[PDB]
Amino acid sequence: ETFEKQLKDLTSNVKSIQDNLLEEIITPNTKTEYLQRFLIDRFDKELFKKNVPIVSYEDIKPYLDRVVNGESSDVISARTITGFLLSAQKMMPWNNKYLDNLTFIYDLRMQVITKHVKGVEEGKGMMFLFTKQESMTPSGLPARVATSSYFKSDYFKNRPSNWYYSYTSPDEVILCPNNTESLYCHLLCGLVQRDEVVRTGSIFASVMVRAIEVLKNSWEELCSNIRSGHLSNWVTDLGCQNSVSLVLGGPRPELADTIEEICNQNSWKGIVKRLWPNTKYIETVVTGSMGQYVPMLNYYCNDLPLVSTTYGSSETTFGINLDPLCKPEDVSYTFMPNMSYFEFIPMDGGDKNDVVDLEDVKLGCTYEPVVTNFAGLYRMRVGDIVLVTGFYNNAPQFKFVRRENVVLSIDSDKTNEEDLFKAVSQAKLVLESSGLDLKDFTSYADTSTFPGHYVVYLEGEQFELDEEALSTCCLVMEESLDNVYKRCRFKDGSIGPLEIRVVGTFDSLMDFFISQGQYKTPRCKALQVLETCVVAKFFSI
Ligand SMILES: Nc1ncnc2c1ncn2[C@@H]1O[C@H](COP(=O)(O)CP(=O)(O)OP(=O)(O)O)[C@@H](O)[C@H]1O
Ligand SMILES: O=C(O)c1ccccc1O
Ligand SMILES: [Mg+2]
């Protein structure tokens, strides 16, 4: 009752609260070096739109680094920057207004969920929530990933006491920095209290999959812990030791025999549903690139709804999905006007404007969002493309389409098409030194097996094919990847060895581009013919 009303109020005078919100942001911030440079000496919208440039991270990074290294927040924000968010790797400024906003959305999405999902209030979530450790900055302020700034905060520790915030995992397991340990412990605790599990998931679908893969590879050992009442010794985190011990409590040979039997069936089909029969849905994002995990999650889960709830970034949370048990391709996020002041740059002829406000976007037009927040970012380009699909009252509904500049992404890692071409060029110089000359390049992401990875097709005085000289390539291609990438390749254990598949098959593919539609090389049916044109495969290590 209150819900329908709250959401009605919130989607209705959108123009208003967005101006009021702009007002709240700018006014204190006439005090900042950054706004003083653009002559913003009072609150004025048009003046703001006139003088404040629309920027990218590179443009403002010189400001953000000064705060990173210890200058006053006031260079960019009059609200103290109390920390940073990690996406080299980039650092967005951050304060508790992010957590105010995040928890507002958590509360809003829980209301949406129970409104659509029968019987969720009568159990616990097995959530694979992970705390990653903070880098420190010279200013002395921590840098954390988005969810981690939430966990290492009282917004989590003192979170509401009710179904949506009740997990089968003690908080020590969620807050453990070693995710190898804590993923195991998630699975152990979830198994021990398996009847109470009415939902499961993670922030993104790749973690759901990795969790099911760890389960497949660790179930024997999980049951031995359940049999003995003892956690496996290798888990060192003291918090996991004590807390997951109280959960085990004692020997459970009976419950171990029970789960051993479910796992031992021929097929892993619907294994999730068989170990956790009261599960009603999987709460994990499967929009954007994450949609490629849908077939394999539907395999393991027996076509349980995959609910994608939220759209968000380090700049801001944008909004939520108000039709949660719809299909991934049909998902739209209804931006929430109390988060940040949103603007939008048209990306098709549908909107011939230079830039437009939230309440001004046109139906069926595509746009790159533009964020102004409560932590020092002003008119910052987000680098997503969204499509306007509809309107809840006066609040628009967006399809997430694409990330403006990417080639491949198999997890947390974002490998821009520039950091991708940092390999087509990079390792080539050493093919050059031995009697080889590169021909072409193009990348794909494989989800044939877990862990997926990056697919890459490359092109007298002998007989077989050279290995020593060209297996180095793949291993020095990787060295060109980002930090967020490598982390997942090894420590998250979410990606395998990178690889190349040797295939004049790109003067041939060039005709496979006029065949369906001046033409320059691409960043990411097509494959059946390209798949064929290969003679060998190699690994890096
Ligand atoms: N529900 C969702 N659906 C589809 N994409 C989502 C999403 N939630 C987040 N994302 C994607 O993840 C991005 C925000 O993540 P961040 O926390 O900023 C790490 P990043 O993507 O590496 O940032 P960067 O590419 O700007 O450096 C969004 O731009 C969006 O592209
Ligand atoms: O669940 C979250 O906290 C979240 C945060 C950022 C982006 C998407 C999300 O679901
Ligand atoms: Mg960005």
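Residue numbering for chain A follows the PDB entry; the residues present correspond to positions 9-95, 102-473, 479-480, 486-527, 530-543, 548-554, 559-575, in that order. What's counted below: heavy atoms across the whole structure, side chains too, no hydrogens, waters or symmetry copies. Order of appearance sets the numbers: ligands from 1, and atoms from 1 within every ligand.
The drug or candidate drug modeled at ligand 2 is salicylic acid. Going by UniProt, the chain with the most contacts to salicylic acid (ligand 2) here is 4-substituted benzoates-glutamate ligase GH3.12. Residues in other chains coming within 4.0 Å of salicylic acid (ligand 2) by heavy atoms are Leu116, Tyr120, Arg123, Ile217, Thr324, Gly326. Among the ligands and ions shown, none besides salicylic acid (ligand 2) lies under 4.0 Å from that drug. The entry attributes the source of chain A to Arabidopsis thaliana. Residue list (UniProt salicylate-binding, chain A, heavy atom under 4.0 Å from salicylic acid (ligand 2)): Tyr120, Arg123.
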